[PDB]
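Looking at a structure with vorasidenib today.
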Amino acid sequence: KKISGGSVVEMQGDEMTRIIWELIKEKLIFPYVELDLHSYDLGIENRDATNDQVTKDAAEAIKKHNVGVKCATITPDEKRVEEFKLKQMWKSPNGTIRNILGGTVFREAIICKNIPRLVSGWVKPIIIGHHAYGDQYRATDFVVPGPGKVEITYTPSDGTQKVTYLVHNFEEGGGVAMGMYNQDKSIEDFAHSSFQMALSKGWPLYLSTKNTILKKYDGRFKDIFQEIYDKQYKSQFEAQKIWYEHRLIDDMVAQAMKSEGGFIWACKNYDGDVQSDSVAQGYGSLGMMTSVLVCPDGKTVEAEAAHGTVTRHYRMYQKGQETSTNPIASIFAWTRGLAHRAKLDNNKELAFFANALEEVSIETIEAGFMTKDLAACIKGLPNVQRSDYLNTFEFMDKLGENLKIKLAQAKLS
Amino acid sequence: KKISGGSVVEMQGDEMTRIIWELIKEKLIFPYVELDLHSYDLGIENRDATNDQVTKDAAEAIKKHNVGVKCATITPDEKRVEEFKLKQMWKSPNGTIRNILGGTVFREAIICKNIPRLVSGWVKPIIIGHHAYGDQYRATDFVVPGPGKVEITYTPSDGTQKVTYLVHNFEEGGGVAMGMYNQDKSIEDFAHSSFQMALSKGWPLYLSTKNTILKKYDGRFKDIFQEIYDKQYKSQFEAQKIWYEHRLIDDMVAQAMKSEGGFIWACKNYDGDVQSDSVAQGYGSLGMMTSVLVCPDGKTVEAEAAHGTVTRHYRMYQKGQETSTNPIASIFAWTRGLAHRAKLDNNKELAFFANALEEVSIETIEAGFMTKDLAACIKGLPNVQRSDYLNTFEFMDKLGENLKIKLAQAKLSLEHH
Ligand SMILES: NC(=O)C1=CN([C@@H]2O[C@H](COP(=O)(O)OP(=O)(O)OC[C@H]3O[C@@H](n4cnc5c(N)ncnc54)[C@H](OP(=O)(O)O)[C@@H]3O)[C@@H](O)[C@H]2O)C=CC1
Ligand SMILES: NC(=O)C1=CN([C@@H]2O[C@H](COP(=O)(O)OP(=O)(O)OC[C@H]3O[C@@H](n4cnc5c(N)ncnc54)[C@H](OP(=O)(O)O)[C@@H]3O)[C@@H](O)[C@H]2O)C=CC1
Ligand SMILES: OCCOCCOCCOCCOCCOCCOCCOCCOCCOCCOCCOCCOCCO
Ligand SMILES: C[C@@H](Nc1nc(N[C@H](C)C(F)(F)F)nc(-c2cccc(Cl)n2)n1)C(F)(F)F
């Protein structure tokens, strides 16, 4: 009857994405696929009840079963503490999971040909791999109050000679200073994840640094990537007629705007983070941005939407006002997780299903059925009328009918 | 009968831009302008021979004569050391010059009517206000060879106790660490140049930081800009119905991509570096962008192309293949440098020459004669044929033809009379 899906780790989420997540399971997944589902409720309340232990348990389950699909979750702040009366201000579950798995998140826009892009020549997506460790995000910065000397020092653990460098001698007034770092193993894992992602997609890979300026700091990224490429991955790239190349960051961003798309882009922490919103708006909507965490083994993945829980739409839903929330990124978390599960298990039936759900979602939007965010990209939000879009539940119903028709004609060979 | 040009500091560069540089001088400058030329060879080989002292010499010359025009230069890494057998990995000459001169680098695309953009919304220009001092260009980075503790310390001049901050304790391996800084006074001058540029153009101004992560480092930039705005510029902005607003760099990049253009973008050193190439490409080509470093005094300027030596095109040139590198940005380094020289000396003839060469450049491209990069914006790179563009030297020939006619008509005109 149903396709045997295998073991999948499922992580339930919050707010509007929580509603869509159950609609996806009930209307798109469960009628056709039978899964060994290991479910973890990462809803903000269950996280509070378990003192965030449910988040660590889910990450360990992903490590054992190799495939996880996650719904967007609330990252607590001070207002969230008051809203839910949380015991503590729990940290981001995405950060906790990524730190336990040790992978790199790759974000990819889902492209439908009728949705215009802000950059004219983009025909294929640009997949950015984000090294989410170190650099500015673990740095120590401080105000320099007046004249004085700032130095950075290194004291070896083996008791050998301590090294000291002059950062700056403030002579006239004050200013600011900061120290930051990165780690060899994290960079090596970042490289492995990047090479594995490029090989799975069959696309070339680019790493961006500023090693001409940061000769030691950024040069280490360039050296680690090149040595791992030359020793472990180059023949696989050549056999697929792809390649790896290092580029300076300023040249790289311009090359990305000029390109047609269709490459993997390994980004340092800052470079990947600061442009994520622009890539989403550049291709259309945040609702079309999916993501996958790829571990250096190439075997363990965790897929999820690259956007949040869409709190503003959830507030409208709570007051009975019509919402039109895009489910594509959430749906593609399931198809990408299920497609990886099928690749691990040599499951042709599941691989066919995952691709069929992708085609169904793209064909539906390209046929003119879309949510308000996509209609606004075509027409401009001030010009969007009610007849231009389907609400959140109508669009899920339309996807469910098209998927049923697609699989029914696929069963007729 | 040549135009008396005055004192100009010239800095020769590397690879493809070095070849274009000589063509500009022999075809567009030397036949029409007689200069008191102070030339410094910043080619990678002469920098290696002088142990990079020629770079410091050029910066001091710019300080003395107040006008510098620089060709793009190689900043070496390990690959360049082996290529040229260098004595060491010399620091970027631009970082050295900018950190001696200080100030703000203003960068803006060169717009021709027949060149489609990559960002269709950018109907107005975007001017990048790039802080030229500190941050990554004056950073101290090193390899961490193994387990150990990295700390950053502050020892105040007032004799009180040293302050020690833990950066990271490497426990099981090695990695990298670095320290960087900036100075209150240079941030203040950066703010003043940004506000004054916005008021001169009549456009709003935005400053982008990452103060959500670097609350102290980037918070200082945000605080200094807001302090100077509220106390010295806010009323003037409101008189022109413009404004200044701080933006998170994440929001600013997305906001700029959705925008109509027509604003000044004050950027920190690293961000202004990336945005220079990105904004140039969005309007058409890296070869169509000016860049002028303006020192806090306003008297000294260093003009340059925003792009690099175009190594990839030079590699084709070395193979004996025809290349179509865009020389406009390098030409506008000369015209912008000479225009400031004319302003300092109140040299009407030289001021006319600089503007005339810029007009000839625009007019030549808008007439259909352009390099391959601009033909690709019109036709799309998969569709461009050899018949659609000129190589670098044919294009320089066409410019020289039109400039000779333009300057000949100027000397017969009434304004010269
Ligand atoms: N993956 C994760 O677990 C992440 C979770 N979050 C959490 O999500 C919550 C909300 O964060 P927020 O800043 O609002 O960011 P969101 O991504 O949730 O939403 C921001 C805006 O983007 C638009 N948007 C995003 N996703 C969709 C979609 N699927 N369909 C239609 N429009 C969409 C909406 O615009 P408009 O209002 O104009 O219609 C929305 O208001 C926070 O608690 C945050 O911590 C945040 C980031 C990642
Ligand atoms: N101000 C300076 O002195 C600078 C010096 N450099 C140095 O230059 C060298 C090369 O740097 P790189 O990263 O390649 O950056 P470049 O700016 O030199 O070139 C990158 C790419 O941009 C395009 N491009 C740039 N300028 C032009 C132009 N005038 N006409 C047409 N296309 C152009 C070309 O793209 P395509 O290949 O698609 O045709 C080129 O391959 C390095 O040694 C670097 O240190 C770099 C930046 C600034
Ligand atoms: O057939 C499936 C299709 O279903 C469509 C969507 O289904 C949604 C189901 O989501 C998953 C839930 O299923 C698992 C069971 O979960 C148990 C409860 O899960 C918690 C989800 O939150 C539900 C809302 O309750 C939150 C409790 O309130 C806390 C704060 O309360 C504030 C006061 O309430 C405000 C109500 O609105 C006010 C409007 O003015
Ligand atoms: C989606 C765009 N990515 C991107 N765009 C810009 N600039 C835009 C062109 C604009 F000027 F409009 F803001 N900058 C960056 C960047 C990256 C790393 C560090 C920094 Cl500081 N910036 N990334 C892409 F790919 F289309 F170029």
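The chains are labelled alphabetically, A first, in the order the sequence lines are listed. To match the PDB entry, the residue numbers of chain A are left as they are there, and the shown ones run 3-415. Since chain B takes its numbers from the PDB entry, the residues it shows come out as 3-419. Indexing begins at 1, ligand by ligand and atom by atom, following the structure's order. The deposited model was determined using X-ray crystallography, 2.1 Å. Side chains are part of it too, since the values below use all heavy atoms of this structure and drop only hydrogens, waters and symmetry mates.
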Give the place of vorasidenib in the structure, all copies included. ligand 4
Which partner chain accounts for the most atom contacts with vorasidenib (ligand 4), named as in UniProt? Isocitrate dehydrogenase [NADP] cytoplasmic
Report the chain letters of other chains having a non-hydrogen atom under 4.0 Å from vorasidenib (ligand 4). A, B
Which of these, A:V121, A:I130, A:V255, A:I128, has its nearest heavy atom closest to atom 15 (C) of vorasidenib (ligand 4)? A:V255
Any nitrogen or oxygen of A:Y272, side chain or backbone, less than 3.5 Å from one on vorasidenib (ligand 4)? no
Do any UniProt Mn(2+)-binding residues in chain B have a heavy atom less than 4.0 Å from vorasidenib (ligand 4), and if so, which? none
Return yes when A:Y285 approaches vorasidenib (ligand 4) closer than 4.0 angstrom through a heavy atom, no otherwise. no
Using heavy atoms and a 4.0 Å limit, tell me yes or no: is B:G284 in contact with vorasidenib (ligand 4)? no
Any idea what organism the entry names for chain B? Homo sapiens
Under 4.0 Å, heavy-atom basis, I'd like to know which part of A:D273 is in contact with vorasidenib (ligand 4): side chain, backbone, both or neither. both
Between A:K270, A:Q277, B:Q277, B:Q257, flag the one that comes closest to atom 22 (N) of vorasidenib (ligand 4) by a heavy atom. B:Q277
Binding site of vorasidenib (ligand 4), heavy atoms under 4.0 Å: A:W124, A:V255, A:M259, A:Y272, A:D273, A:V276, A:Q277, A:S280, A:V281, B:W124, B:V255, B:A258, B:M259, B:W267, B:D273, B:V276, B:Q277, B:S280, B:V281
